[PDB]
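The structure described below contains mebendazole.
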Amino acid sequence: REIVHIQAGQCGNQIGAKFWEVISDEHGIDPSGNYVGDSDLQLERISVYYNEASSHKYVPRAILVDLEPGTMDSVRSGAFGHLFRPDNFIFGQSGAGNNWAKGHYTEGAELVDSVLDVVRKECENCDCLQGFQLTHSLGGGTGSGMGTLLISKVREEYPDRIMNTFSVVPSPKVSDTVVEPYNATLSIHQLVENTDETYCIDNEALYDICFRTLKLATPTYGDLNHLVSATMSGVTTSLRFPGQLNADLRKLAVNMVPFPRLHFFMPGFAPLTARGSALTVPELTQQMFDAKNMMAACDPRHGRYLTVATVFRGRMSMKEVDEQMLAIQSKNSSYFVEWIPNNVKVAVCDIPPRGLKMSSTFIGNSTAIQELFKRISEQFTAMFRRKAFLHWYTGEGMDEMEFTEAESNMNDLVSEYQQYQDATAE
Amino acid sequence: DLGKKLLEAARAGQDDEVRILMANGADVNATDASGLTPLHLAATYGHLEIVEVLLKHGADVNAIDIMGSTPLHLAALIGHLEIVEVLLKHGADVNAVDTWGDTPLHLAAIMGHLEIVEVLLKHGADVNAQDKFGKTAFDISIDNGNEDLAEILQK
Amino acid sequence: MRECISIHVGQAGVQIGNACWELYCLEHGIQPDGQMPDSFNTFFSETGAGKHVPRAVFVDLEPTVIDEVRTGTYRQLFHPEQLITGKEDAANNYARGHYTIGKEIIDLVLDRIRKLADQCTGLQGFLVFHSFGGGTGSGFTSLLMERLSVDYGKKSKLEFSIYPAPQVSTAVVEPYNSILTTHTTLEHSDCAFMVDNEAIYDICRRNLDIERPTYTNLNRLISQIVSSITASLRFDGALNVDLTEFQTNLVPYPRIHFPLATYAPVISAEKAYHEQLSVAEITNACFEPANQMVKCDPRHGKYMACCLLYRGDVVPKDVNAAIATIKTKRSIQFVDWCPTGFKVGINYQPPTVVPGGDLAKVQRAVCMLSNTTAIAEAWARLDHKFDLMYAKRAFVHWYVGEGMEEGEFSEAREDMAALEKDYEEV
Ligand SMILES: Nc1nc2c(ncn2[C@@H]2O[C@H](COP(=O)(O)OP(=O)(O)OP(=O)(O)O)[C@@H](O)[C@H]2O)c(=O)[nH]1
Ligand SMILES: Nc1nc2c(ncn2[C@@H]2O[C@H](COP(=O)(O)OP(=O)(O)O)[C@@H](O)[C@H]2O)c(=O)[nH]1
Ligand SMILES: COC(=O)Nc1nc2ccc(C(=O)c3ccccc3)cc2[nH]1
Ligand SMILES: [Cl-]
Ligand SMILES: [Cl-]
Ligand SMILES: [Mg+2]
């Protein structure tokens, strides 16, 4: 039933705040916690993300974490900033300086226990805890370094709970800091072993969408986060609203993850809109299979789909949906592995998102995601070959062979995808 | 030894401690264990004022470490645009190849330093230079779908 | 008067049990509160207040579905202690339903069943409703069947099993669960009536003019067929008067205990003035594949047994004449070691249809239960989907992580291979 949300670091807290603004509006929740909605459907599954306080007040089951005090002040200044439980703000004083080592072994380790005490308090309150949800970047130090430390500590305490992450992947197009490949490679190692699902939210792709499709000369983090919050809203639709699907996180992962290490998804969304600016079902179905709509800078046609889940939101003909979805598979039958029968599934929710009569969200488990990891591995290897900036990490206790291991594990993952990309039914 | 102290002073960016060490005869072209010189380290960590001072006093702009890395390789990898321009102005080999077959254009391409890419091209970067896997800088931009970089490499 | 206890496992079982007991009540003139202004005592106990209470248990590992029974029109009908729910479901994982989560509630389910059996003067056995694809309908059912064979060794056990169809399912692991539960249940079940959701789906579309059938559309049609299969147990007829007789008339060999059901006529409620179909017409429709519960071609197979269960205004002489015509048909080939004959039962009550359903009233209807080798085609389809996924070990880690050994996959698959061979050797 209940989900415990965590958001770590500057990026984690920023996209995490935007997620709560979006689904709160969908559920008709006031910035003070008061429900002021029209429909009863807005409340059926409200307990999944909201604790039901005394005065008919709904309080996000969210924990906010950061070694930087600044980002916490900015959350409260937001529209819904005072909706969060004050005691669920856990922040250090020093900051992470974009150093994965500082977040994972040094400052982060000093603060991780204080964070788990807050997680435990939220958990014991849950009737039947469904899983954990984390938002964070992989290129920084707090979200990447301390986020993955949090995941492994949460995995120890709650081994039988699902752990999904919305992980933002670094791109030179968004932040120029050149240690991000280090931080992301060290983190992806952690995610491969300790998360059940990971949504690859690639800043490369977010920028390209804004810059080339939405024609935004200079995309801001708000332009990028508009795409992220809309994606996260659709990805969690089946959990938050009544409809065909009644599945918990565990059931959603069981049918999407054929292999334990291949749980990194390509999320997509249609239509793509800029902040403040209706498609047919065929135009919706075509768009979300189109490379331009992917939130991970990968071309699906360069790989093969293992599993695909799509959720349509709005009032629309289910039959027309079934036919279009059928139209794509048979037309592109080669891009879907033939050794997982019926691997493309569809769901519909009559309640559309804010400002749209029609929308659809795409969740792909595609071998083409290896293009993302090969891009990071290439940058990682360019820096690591020249040993540039390693002192920042070895000075924080890290061993140098941790870098070789992360690189090695990164490439084993790439090889796994390529293995199943070439396998046949025979 | 004054060479080790000039190396460390150039890494940390201590401008004043560089000229003092150079005032007591510090080897401007001193090498560490891996063959890096003060100019390698100042260019790696964005210390422009030390880069220019070293070049005014006998620094080999095209010195190479054990792995064949020149100062321009490192400045291009890390993204220091001004340092890249100074080095070229003082005769940096725009097409120096290291032990991995990489040229400064390769490393600027890999790391998405588009401004450096353009500068290197304007100074004669070889678009046909192949690394030890056969990739040119344009191959790298196609393989990782970098449309912005590919357009730059085609003009 | 020998009692029968119905057990409904998982969402599919529960929701189909709802439609069945809904229909049972109407056929015996029982109100939703059990009040009534003899024969049906086999399925309904009788209290001192005159309340007729189903001899039924509903079991699910999460409470969403059974909670609607506890608040629907029939909240008064059932024993409340016979509506049993856990809090966390099997996540479409056979292993969860059988090994980890299922074992946390099995003892309670048995004690509640014992309570019902203690009120039986001569318990015949159990009717078990469940899906193949669900983790509860598969894993917990096979666990329940194993435990019932130990505690009720002499009693008979019948299954109504929902065979998976991609058109109305969002799970990809259903082939696994389907073979796993069949393997471990085969030896503990005396007779099993499989319901192919695709067959019910096509019937709802072709005969009932329903473009997008819901689970309610399917279940009302399914319950109409279950009712006609169990009618003999509730109306003191001549044919199949006790559970033991199902096996005698339909199962010449214990492993080949999957009879094919064919029901006719299915007419849309919009055609309230259709010309009534003769006995000969509805009988010939029992040999049209389009009316069968499992999709397969009996013309390829051979009959080992054949029962015709008529309901309504049916004169025995017209049945003998219609069968006389059927025996000339070349498509109907019996095995050489069986009486080439049809066991006939007639229930002169006019068929009942639920108010709110999609079926027109008819004066006469029939259900043919036949044990044909052709149903092995339905096993072949499942076995093939199983083979494609298990060749790459896809999804297997989900099961191994829930108290199951990988060897059980191949052990179950070999059992299926031996079952297909059993059909070939007949
Ligand atoms: N005919 C029919 N089929 C159903 C119904 N509900 C679910 N199914 C089918 O059953 C399969 C899914 O398994 P469920 O029965 O829903 O799962 P479960 O037994 O509750 O076990 P869990 O995995 O723990 O949820 C799919 O093939 C569905 O198409 C129903 O009401 N009627
Ligand atoms: N989309 C998005 N990405 C961000 C945001 N803030 C930082 N990032 C990315 O995250 C990386 C920097 O990590 P950051 O979260 O700032 O470090 P941390 O605070 O220590 O966890 C860079 O790749 C940034 O592009 C944001 O608001 N939105
Ligand atoms: C907080 O973390 C998550 O929300 N994780 C997550 N995983 C998912 C997988 C699938 C879906 C669907 O919408 C769906 C659509 C059609 C058929 C089946 C499922 C939704 C998911 N959400
Ligand atoms: Cl579907
Ligand atoms: Cl006969
Ligand atoms: Mg269920």
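First the proteins, then the strands, lettered A, B, ... as listed; each starts at 1. Just the heavy atoms: all of them, side chains too, but no hydrogens, waters or symmetry mates, feed the values below. Each ligand, and each atom within it, is numbered from 1 in the order the structure gives. According to its header, this structure was worked out by X-ray crystallography, 2.3 Å.
In this structure, the ligands or chains belonging to mebendazole are ligand 3. Going by UniProt, the chain with the most contacts to mebendazole here is Tubulin beta-3 chain. Other chains with one or more heavy atoms under 4.0 Å from any atom of mebendazole: A. Contacts of A/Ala347 with mebendazole, taken as heavy-atom pairs under 4.0 Å, involve both backbone and side chain.
Not one N or O of C/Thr170 is nearer than 3.5 Å to an N or O of mebendazole, by distance alone. Bonding summary for mebendazole: no covalent bond to a chain. Using a non-hydrogen distance threshold of 4.0 Å, A/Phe312 does not register as a contact of mebendazole. Backbone and side-chain nitrogen or oxygen atoms of A/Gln133 are examined, and none is located within less than 3.5 angstrom of a nitrogen or oxygen of mebendazole.
Summary of contacts: the protein heavy atom closest to atom 19 (C) of mebendazole is A/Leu245 CD1, 3.4 Å. Lab note: entry names chain C as Tubulin alpha-1B chain. In terms of protein heavy-atom proximity, atom 9 (C) of mebendazole is closest to A/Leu252 CB, 3.7 Å.
The PDB entry identifies the source organism of chain A as Bos taurus. Remark: distances from the non-hydrogen atoms of A/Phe265 to mebendazole are all 4.0 Å or more. UniProt Mg(2+)-binding residues of chain A with a heavy atom under 4.0 Å from mebendazole: none. In this comparison of A/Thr361, A/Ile3, A/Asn164, the heavy atom closest to atom 3 (C) of mebendazole sits on A/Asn164. In this structure, residues within 4.0 Å of mebendazole (heavy atoms) are A/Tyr49, A/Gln133, A/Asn164, A/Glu197, A/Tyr199, A/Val235, A/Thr236, A/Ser238, A/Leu239, A/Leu245, A/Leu249, A/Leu252, A/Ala309, A/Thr310, A/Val311, A/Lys345, A/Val346, A/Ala347, A/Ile363.
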